Each structure stands twice: as structure tokens, then as C-alpha cells.
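By convention in this document, chain letters (A, B, ...) are assigned in the order of the sequence lines, proteins followed by strands, and residues within each chain are numbered from 1. Order of listing sets the numbers, starting from 1, for every ligand and every atom in it. We show just part of the entry here, counting contacts only within that part.
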Amino acid sequence: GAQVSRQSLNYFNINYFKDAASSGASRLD
Amino acid sequence: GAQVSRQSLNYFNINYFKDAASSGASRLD
Amino acid sequence: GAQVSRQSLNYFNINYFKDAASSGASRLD
Amino acid sequence: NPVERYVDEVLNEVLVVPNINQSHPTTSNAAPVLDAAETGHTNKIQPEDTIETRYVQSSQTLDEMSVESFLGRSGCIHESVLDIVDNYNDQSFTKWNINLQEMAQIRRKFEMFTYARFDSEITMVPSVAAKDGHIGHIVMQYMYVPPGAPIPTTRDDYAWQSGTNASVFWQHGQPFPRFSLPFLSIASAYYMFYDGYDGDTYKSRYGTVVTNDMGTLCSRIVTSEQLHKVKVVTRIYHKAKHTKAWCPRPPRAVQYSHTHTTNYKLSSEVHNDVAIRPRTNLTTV
Amino acid sequence: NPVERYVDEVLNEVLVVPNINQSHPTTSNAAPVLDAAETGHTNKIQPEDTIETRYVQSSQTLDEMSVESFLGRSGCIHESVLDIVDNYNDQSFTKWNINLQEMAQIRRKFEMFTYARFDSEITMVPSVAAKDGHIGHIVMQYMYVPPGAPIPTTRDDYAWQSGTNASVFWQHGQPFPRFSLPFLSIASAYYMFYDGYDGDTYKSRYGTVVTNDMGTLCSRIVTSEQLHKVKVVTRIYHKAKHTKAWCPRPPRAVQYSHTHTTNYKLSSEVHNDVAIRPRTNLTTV
Amino acid sequence: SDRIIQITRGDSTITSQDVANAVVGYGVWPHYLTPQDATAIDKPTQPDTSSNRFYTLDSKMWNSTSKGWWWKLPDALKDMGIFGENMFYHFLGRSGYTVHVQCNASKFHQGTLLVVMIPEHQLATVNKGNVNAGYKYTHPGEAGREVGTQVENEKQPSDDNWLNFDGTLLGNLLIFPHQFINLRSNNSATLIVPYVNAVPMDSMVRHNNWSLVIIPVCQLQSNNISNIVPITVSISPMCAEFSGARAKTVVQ
Amino acid sequence: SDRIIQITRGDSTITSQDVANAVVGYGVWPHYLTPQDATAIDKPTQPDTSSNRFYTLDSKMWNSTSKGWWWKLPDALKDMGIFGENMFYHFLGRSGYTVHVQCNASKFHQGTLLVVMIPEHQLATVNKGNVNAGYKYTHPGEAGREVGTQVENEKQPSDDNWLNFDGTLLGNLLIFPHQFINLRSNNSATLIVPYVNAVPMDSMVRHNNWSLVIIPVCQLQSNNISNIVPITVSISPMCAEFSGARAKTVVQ
Amino acid sequence: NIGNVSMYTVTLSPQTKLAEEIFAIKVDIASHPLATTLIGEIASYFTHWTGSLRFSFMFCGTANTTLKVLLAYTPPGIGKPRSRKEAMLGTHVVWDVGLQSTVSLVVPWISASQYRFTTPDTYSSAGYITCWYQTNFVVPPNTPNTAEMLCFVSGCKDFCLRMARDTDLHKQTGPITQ
Amino acid sequence: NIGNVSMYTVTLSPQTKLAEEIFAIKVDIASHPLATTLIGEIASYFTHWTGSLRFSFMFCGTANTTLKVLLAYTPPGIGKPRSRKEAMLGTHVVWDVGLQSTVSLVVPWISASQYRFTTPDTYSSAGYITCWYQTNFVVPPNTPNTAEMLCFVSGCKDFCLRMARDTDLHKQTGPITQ
Ligand SMILES: Cc1cc(CCCOc2c(C)cc(-c3noc(C(F)(F)F)n3)cc2C)on1
Ligand SMILES: Cc1cc(CCCOc2c(C)cc(-c3noc(C(F)(F)F)n3)cc2C)on1
Ligand SMILES: [Zn+2]
Ligand SMILES: [Zn+2]
């Protein structure tokens, strides 16, 4: 569960648990 | 949040938290 | 800080800290 | 770029404020400074319109003022007490009718909106006070009994089996327990306020107590009776995650008195009941 | 190469010093050794100009002498004491007006610059002294009350709810607490020195006390009263990260006496007040 | 000739035929505030030549026992023409300076003056606990302060020249922009300093950005002591600009 | 709406919801002195927004017997912030102005004020031979002159409003830039005048370029006389620039 | 007045002395009386603030009541103005009462530092807003001799808050029970 | 002299005996009297040092005062020179006083090891700098018979410090209070 980005600057947005409630603070706007 | 390099010597500059203040000591010059 | 090899047998020589003194025992010869 | 947006997150520069542009002297029959508050709209005049301004590149960001940020800080919502005084069986367990109305600090912030939808992060801070000297091996059990589920009535009630309800076991010495909760309402958002009843008679209940039932939080000291008596106080902390709020409202201006109600009390000298400080007169800064 | 630069970091060879080149005998009317200090400049003469030198490949690096390195070591800045003597309610909590001026070692280093900008890493070292024998279960709460926020006046003040302020809960037995802080000033850099006041009268305050307000650090023993009294001393450590400094200045030459001020004291024999050691005479090494 | 210098500012031109070059503090030449660094949003006022000119302060007399002198900017120019007027009518001010210290004697005189420009020279008090230097004492005006004269008062600053009036050793003042006026070599010192502060503009009334310190490190001596040897200071603001206009502030 | 006006100068913004348009003296908008017309050779100082702002003078009370009022520029602003400071520190000054006269009453009041801006309004004396108006009398400052009050003195100017205080008939003042404040139509007057003189710059101390004259031609009347009806004047310099800096001139 | 709607209005009336002072308060977004306004309350949840403030005033008198008033902002580094002349030298707006009932005065961000503390701190006190009679309050016969004025506040496009903190504009001195 | 500016100057004057000694100090960057100089203070924050040192001297006498002086650096492994002849055999500069007021003597890095300890340690003591009259201090009549000299120090392109440590050039023997 990783939203791997690339640029090299590879972003790794990982969700450790299988529930949306489990993830950290949301992004803005 | 990883600044993956390559050479193979792959550098992995990882920022574990989403705040610049959180990262370790800075690079020089 | 990983010296990723390949063969597939991918070797991952990782240096967790930014000082040479920090790494483990040296290789031979 | 999912990576360019990443940098903005790390630097907290997602929401930037506009710059101030250079303005000049003017003479016109277009008068921005004049308007009509009766319309119910706020005059949208900016500094460049009332004075001659210079050009300035703004660097401030509104990130921290976001709803996610405003309601995303963990605050205390309950202080559970298990105090062993003279009867372990009666005093080693308790229950709490869950609500976000007992502590003023987080309550006031949520109540600055009419409706709010969010997931929750609950963090617990248990502390064992050694009343007689030792604390032995303390193990705690926290069980969420949703409305309808059987509520334990003794420290060994079969309900503690938690065959379906979620329970969290904490062992003294281990890190603070924590877990997430998904948006729980049967509606689309939580009611911060509710101008309605649960019936149509003089005896029907009024307010959020009608719509905000969240069940009961039952807890007990799992460890069986020990020689030395302890007093375990578990403080519960709550934080909203993935938040949305609707219809902002006036901030609570007087102290809260009860849960689920906007009731308040007034003294004979009301200036003491509000944060407003009496002015000597109109011209005394 | 982001990888070649990596190797220089591991080896600490980012900033290399120049080599000494072979020089030869000279006879010229160009005299490098002669100059004029009145100009306010330092003669840039090097060894190759005053003697016949050999060629030498330098291997020294200036990395460790960088500002990041000089101010990047965690040092003690405060020693908070909660000593339970005879009244748990009064003695189980305290507060501190935050500042980097109480401990001489780190203060002197920062004060070698006029302005400094940096993020901070705070690390806490709590130690519970068992005055009567046991320490029970000790849980601590450290809360940062920014200027303006309500300061608790009892161990159960509603402010401890920390609905917005940041609080860190530590449990005895767990690792030392630590967190980062972003550059906090309302200005572009922190003032190490400030030749100004907060007014223009004989009673206006002078110095950095006017510009360096950082709020209050409040702390309490979360655990309720226990039979055996303890003395908890929490030592706070600070380190600068991502640092920048401007306008270097003379190092503190005498002992510090107070915070936010350069005031000092002199004895009847001033040579005792400075590190300068009296010389027997001009020619006694 | 590298021994000569002519400095023209506004309607003033100063000369010296025996200089020791010139110093530009931190190698940065004074310049106006840019929109990227500015914070105050009203259009600034820039008097230009009516404020960016040389203002000569009261001369001082240097003798065999002089311990030194200091002035603070912009305080020293608070009563100097348009520049002075502007620092009191506005809340904010910003300026750089060209400081030209003058002192001539003869080829038979000897003496040495250490001329320094210190940023944020926060003065100390001695043996007075946490009582700090009073506003009045750090705002002497063009008259400055004569080290070793003032009859002590509780809020009076340290007068120890060897400790820089702030708890640091004199020998290290050279780390700040400076020059020496060594009678045998030069008869003047010239320092050009840019605006230095942690904020783009500031109150000219309650914040002295720079401090001019002059300490005779090598005693004045000659076989004609009756001839008075003065020290004269001429300062010229540079890129002076002010913001936040209103009534004129009156101090004291 | 053509009845509304907003005038922004520096840090000041003035409004009126009942104007009678505005007047630009001789159809020339104020502008800075060009190099083709300039004569003085030093670089001028231009305070910009710190001087080109609205300065409100002392209000006057208009009643059934008022004979009129007059002010002279730049005299009237001699004590107004930065602008005032600049006219005394320099030998030469040059400026245009935006004159906004204010007077409101009610839809049940009636009265009419003739508001005029006269260039070179050289006052006369009456029955006093060749003795002319004294400097003191033509330099009243922000207080101006209240026609019909001053206890005669030999060097006192003519106080005859019907003869324009200069031997000419009032009815012809309309040949100068002017407006009327007819209570039934407007509550303000706005006149913008450029610099007018036979020389590019002049002494702000001894030469008053413009004179603001206000004469009630139609008497103030209403059935609620106790309610005081003031007249207020706000003047803003435009393109103010000064030259020939020195010490500050002190008059009297 | 506290505890009554009148605490929100300022009374105007025919004056016998010219240029009289009408009101005067600090500009500081979180100081009193601005504290309990919505923007003041929100500002009290943060430690720092910056940006320009928008003060508006709506004349509540009759349609036949006229008035000219001077609203001024005095930047810091000086005491509050003791007269209209003294105030007028700073940032100001001359308000003419007419068909449009409301006027706005913008308090531009004029500060040495990019931000200021929201809590009452000497170093960062932002100045004052004073109001003076420019001309006078005038009415025809048979018309009320006094009138009210309402005062509003909000932030401009550059307003911004920083460093979240708990508010001191609200407290809990006891348990909130069921 | 400590506590007076005179602690920074060395007095010169007409001699009756030839080649007299003027001053002598250790070269060690962190030893006394070099300790409190800026480079000495910074060196005291590190354990090791290396590189060449730059010593400068500015003659403070009158423009008509002449003088020739010999500045010498004695590498280690021998005691400080007891005479000009003894000193002159090492690294030195003969300084002629003239239009240019200042002269510089570079103490080259001459060591067995690549670095030395900054703290006073026998094994790593770097040597001495002595100053002697090469000719004499001469003046015309009616001219002061003594003159001062100022001494400066800084590091050359090869100077370098290593191993950060706390300084012993400053202490705290009590609480620093508010
Ligand atoms: C409006 C609104 C929204 C909410 C939800 C508040 C969160 O309340 C809780 C808490 C604090 C804990 C649990 C909980 N779930 O499992 C556990 C266990 F581990 F404690 F058992 N506790 C469940 C709810 C609904 O209350 N009012
Ligand atoms: C100059 C200058 C710069 C600074 C900042 C010093 C750091 O001070 C602190 C510390 C030590 C701790 C906290 C802090 N934040 O959260 C906590 C908690 F966990 F302790 F609550 N402590 C906040 C500041 C500003 O002080 N002077
Ligand atoms: Zn025990
Ligand atoms: Zn025990």
C-alpha cells in the first residue's frame, strides 16, 4: 500500500493498515 | 519521501516525517 | 546509502549512519 | 506533480496568501471604501485601495489554519478513575457514557461549526498510583460496548470475554495504547448542535443527546486482587483525522455547565461571566 | 553526483583545505610581508611567501568547523525539578520561562554570532529519585504554553487538557522523549544580541528579553499522589539543526550573571575575572 | 594615489590625503529594501540627497589619558536635518552609513585609534545584578559617551574599554568592520556599512543598529602637547527610507 | 455615481457622497519640474507619500453672519508633518495641491459658499497710504483669517469681502479656479491645482503661491440654528519637491 | 453596557466644540475590545498574526441626518493621538455619511517584523484607531438629536495566523456533567 | 597590565646594549597569551590543530621614528633562544619600519605529526616566537623616546581544527538567573 512517486525524488505515501481511518492527517485543499 | 540516487551505489535520503524541522543535520556549504 | 548489487541475487550493503566509523567489520584482503 | 505537492507539504506552503501590489494616488467617483453592511456582505476592499502601497511578496501560508489542522490536535476528553479503597470487586472496574462534551478545550473548537465529519484517533494515558507502595503487575482492559451490547456489572461478567466488541489490553510498562475509529454516525455528519427532540411532548429530550449516542467505554483492572491498593487513572485523548466541517458559528462565550446542552449560568454581574473586559470609557485604549 | 557527494559526507571530506606548494628563494621589490593593518584588512600572506616551502598534499577538511557542526551538539539548557516534600498538589507540577540563556556552555557558542536561524531538537532526560524507597508508576506530562495561552495554576487545571497546545507524555521505563521545533521567531532570525528597548522611557526594558519571548514549559507528574515521595528532575537538552549565523563577535570573556543581558561583575583583582593568565614579564614563555 | 580619497554624498564632499583604504562592512554595499524582503506594505519615503549627506557631530579632544568614545546609530543623528526629522515622524526607518573619522596631528606625533562599527552592541552594567543600561544612557545623541567621565548612576552602562562595555575582550573587536588611525600612517578612517538587522525595517527610536566605538589603543604622545588634537566624526546616511508616517514622536 | 468621489493621497482617503464634480485649475494636472524648465542645479528631494497626503486644518464655524475665510499656501501647511519640515529646511520648494472643502447640513438648510483658489493673491490695505499687509498677517498658518474679526492694526490687510481684499469685485472671482458649495446640492468642493509661478521653484517661506478664499454668498439659514455647521478644509500637496538643503529656517 | 446590545453601538450627536474625539481602541487583533469578535476569537487560538485589518462602520441615524467623521490609524512608536490634528497625520479615511451607510478603514500591515504576537506584548503592539468629528452631526428640525453607529472588523487578503495555541478567552473551572 | 589596554602593546625605545630581546611567547595556538585571541578561543573548542600561523606587527611610533627588528620562530626540540644569534638560526623575518606600518611573520607548520593537541601538551608543543632589536630604535631630536607596537594573529590557508570539545577558557560556577 504505497503511492510511489518519482522526479530522483521518489515519494512513498504508505498506508500500513487496510482501513482509511488508520492513516494520518489529510492533505490540504 | 526518499531522494534515491544511483551510480550500483544507490543513495537513499529519507525524510520520515512531513516537516523540514524533523530531518537531521544539514549538508555542508 | 546502499550498494545494491544484482545477479536474481541482489546484494544490499547498507550504511545506516553517515560516518565510515559507524559501519560493521571490514571485508577481507 | 505528486512530488512537487510533497515538497509543499514538508515546507507547509500548500495554501499561499496573495501579494500586496503597488498602488497609486487616485481621484475617482468609484468609492471602494463606501458600501452597505445591510446587504449582509463584507466590503471586499483591500489595502491597495485606501492607501498608496508598495509591492510586497507574501510568504505566509494558510496551511496551519486549515480545519484539518485546527481540529487535528489530540486533547483530553475523559479522565477515568479506578480507585481501590476497600473492595476490589466493586472498585476494580467502571464504565463511561462516551461523549466529546466533558472537556471545554476540545469541545469549544468543534462547536465552532454546526456539523463535522471525521475519523478519530484515540490515545490512552494510564497511570498507576502506588497508594501502599507497590503496583505489582498491572494489566488493563478497555472494551467498547456499542449501544445495545451487554454492559458488564461485575469484574468477571461474561461480557468481558469481548467475543465481538473491540477490547484493548494494555500492560503497564508498555507504550501508550492507541487506535483509529472510522466516522461512526448513522447520518452523514456529526451534529455539533441539534434544534430538535426525540418526540413531540413536554417530556421529549432536546439537543444533541438525542442524536449523539456513542455507547459505553467499559474498563477493568484485569489483574486479580493484590495486597497493595492502587489508583489507576486513565486519561483518554481524542483527535480528528480526515476532517470536514460545515456552517461556522459564534464561539462559546460563557463557561459550559452540562453535556449535550448549550445551557449556561449568569451571575448578578454578567461582565464576570464573559471574556469581555469593562472599558473605562469609549476613548480609553 | 548526488552519490559522489554522499561519499564525501561519509568520509567528511566536503570542505578540503588547499595544498602548500613548493616555493623558491626570491629577491624582489614586491614585499608581501609588509602591509597596513590600519586598512582593517588581514594581510593575506601565506607560508610560501616567507620561506622556501616544499610541496605538500593537504588532507585536512573543514567539515567539523562548519556552523552546522559547531552548534549541532545537544547540550543542557534547563534542569526542571519536581520535589515532593509535604504537599503533592503544590509540588507535583511546575513551569519554566523558556530561554537558551541559563546554561553557559551552549549560550557562549550561540553568542559568538549576532543573529542565528535554526530549527531545534529538544531531548529530555527525566530521572526519578526514590526518596522513600519505591517510585511506583511515574508518568510525566510536558506542555508547551505559547505566549498568551492559559498557564495552569494547579495540577488539575483545565489547561492540562492540552486541546491545542502540544504536550508530550513520557512513561518511566520508556526511551527519552524527543521532538523537533521549526524556526519560531516572528523575525527572520533569532537575536543573539539586541541594542534596543520595548519603549522610549527610563523604564523601558533593554536587551534580548524584549525580542526573545518563547513562552512557558509547564510540566506535572500525571500519576496521582503515591505513598512514597519522589523527586523528579527533568533535564532539557537543545541542539540546532539546519543552522545559519551572521556577524561573528568576540567570545564571552567573563562569567555570565543573568539571562538576556550582557551584564557582568568585576572583583578588586580583575585578572581573576578573565581567562588571561598573568605573565611574569614580556620574555617569559 | 591610493593615499587620497574623496567622498561625495548629497551636497557634501569630504576629502583626506592620508587614508588607509576604506572598509565596506561584510562586503555588502548599502541598498534599498526589495519587495522580496519587505514586510510593511505602505510605500516608503526616500529623502535621497536631503538625508543621504554627511552630518558632522561635535568634535572630541584626544589627550594622553583618553579612554575612548562611543556613539550609537541612528541615535547620534536624531537631531540632524531631514534625516533626524524622518526618524521621528515615522514608525519605521532603514539606512546604511558612510562613517568618516578624522584625526590629524604631525609627523612628530604618535598614537593609535581603533575605529569599530559594531552591530547590536548590547551594553552591559557592572556589579548591578540584572539592572540594565537605561534608555537615556544609550541615547546620548551627537555628543556620544566619553569613557571615564560620567559620574556613576545605577542605570549607567559599563565603562570598561578593555571589556568592550559588554563582557568581551577588546583585542577581538577586529572581528567587526574596523580600521585603525595610526597617526604615523593616516589621518582618517572610512567605513561604509549596510543595513544589518533580523527584520527589513525597524524603529529608529528604540533600536540602535550600529555602534561606533573609538578606543585609543596606542597612547597619544608628542613633544608639543599644548596643541590640541581633536577627533571629528562625519556620518552620512545611505539609502535612507522610512515608513509608517504619523505625528512626530517626542522622547522623554 | 457622479455624485460620489474618493480621493486617495499617500495614507489618506477622503470621500464625499454629494460632490459637484471636481475642478482642475487651468486644466493642468500637477507634475514634477522637468529639466527644460528647471534652473536650480542640485538634485531635488521628493518625499512622495510622506508629504503628498491630506492635512486637515482647524475647522471653522459657519453662521448667519459669517463674512468669509481665507488661507494661503504653502503657509497654511507650514506646520503639517514632513511637508512642513521640508519647506523650512530648504530654500526652494514646489508643489501642487488637492483642496477638498467640506460642509454638510441638511435638506432643510440653505446657504452657499463660493470656494476659490487665487494665484498671487496680493492683498491690499485700506486708507493707509502705501503701507502694505505685514508678513505676519499674510502668514496666519492653518488658522487662516476670519473676515470681520481682527481688531485693526496698521499693517492689517483689507477685510472687504466684496472687494476681494484687493480692490476687485467679488462677482468676478469666478474667473479663477472655483466651485460653490450650495447646501441643497453638495456637501463638498474639490479643486486640484498645479504649481503656478513665473519661476520653476520658489521660497516656501516668503512666497505664497495660492490663496484659498471662502465667501458665503448666500446666507446660512434653517429652522434649527442651534446645530453648529462647521466648514472643514483638507489639503494634500502633490509632487512636492524641495531644493537647497541647509539648517531649518525659523520665522519671527 | 456589557450584557446589553448597547455595548455594540457608539452614539453620535451635535457638538458644541470642534473636532471632538469619538472613540479610541488598540488595533491589536486579540486585545480588548476586539478580543471577542470572531476574528479576535480565532486569533486567540494562535500565537502569531500578520496582515491588514478591515474596520467598517455603518451609520444608524435617519436618512436626513448628515455627518463627516475622520477615522485614523496611528502606527506604533508614539502614543495615541491627543487631537484630530495629531491623528490626521497618520493613515486615515474621511467618511461622509450619505446613501451608502457604511465606510471602511483598512489598517495596513505596518510592522518591523513579518509577524506579531496575538497576546498583548509591548514589542508587538500595533497601534491605534481613533475616530473624530471632521465637521459635525447635523439634522433638520423634528429629528432625533442622537444616532448610533455600528462597528465591524475582519481581515484582508493578507491576514494570516500562525502557531496554534489554546485560548485564554474561555475556561473551565469545574466538571462539566451530564 | 591586565585590565588595561596596555596589555595589548609592547614598548620599544633606544637601546644602550645591542641585540636586546623584546618579547617571547609560545607558538601554541591555545597557550597563553594567545589563548584569548579569537583564533585561540576557537581553537579551545577543539582538541587538535594544524596549519601555519600568521603573526603581524604594526609599529605605532611617529613617522620620523625608524627601527629594524628581527622576528624569529624556533621549531621545537630545543629551548627558546637565549640570544638574537641563537634565534636568527631558525625561521625569521627582519622587519624594517617604514611607510608600511605592518609586517607579518608566518610560523610554518613544522611538526612530526599531521596535527597537535590544542591543550598544553609536552609532546606537541610547537615552539617559540621571539623578537629582537636588529639595529636600533632611532629618532630625531624633540621626538618621543618610546613607541608602542601592536601584535596580531590569524591562521593561514592551511590552518585547521579537529575534534570538537568544550572550552576551559570560560566557566559557570553558579546559576545564571533571570
Ligand atoms: C460527535 C461525537 C463523535 C464521537 C466519537 C468519540 C469517540 O468515542 C469513542 C472512544 C473514545 C473510544 C472507543 C473505543 N473503541 O474500542 C475501545 C477500546 F479499546 F477502548 F475498547 N474504545 C469508541 C468510541 C465511539 O463522540 N461524539
Ligand atoms: C533564541 C531562542 C530560540 C529558542 C527556542 C528554544 C527552544 O525552547 C522550547 C523548548 C525547549 C521546548 C518547547 C516545547 N514544545 O512542546 C514541548 C512539550 F513536549 F514539552 F510540551 N516543549 C518549545 C520551545 C519554544 O529560545 N531562544
Ligand atoms: Zn515495594
Ligand atoms: Zn519497594
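The options were pleconaril, olorinab, cefoxitin, ambrisentan, parecoxib; the drug at ligand 1 is pleconaril.
Tallying contacts with pleconaril (ligand 1), the largest count belongs to the chain named in the PDB entry as coat protein VP1. For pleconaril (ligand 1), the other chains with a heavy atom below 4.0 Å are labelled D.
According to the entry, no covalent attachment of pleconaril (ligand 1) to a chain is modeled. For pleconaril (ligand 1), the residues with heavy atoms nearer than 4.0 Å are D:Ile98, D:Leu100, D:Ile122, D:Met124, D:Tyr142, D:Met143, D:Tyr144, D:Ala166, D:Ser167, D:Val168, D:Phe179, D:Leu181, D:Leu184, D:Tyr190, D:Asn212, D:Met214, D:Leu217.
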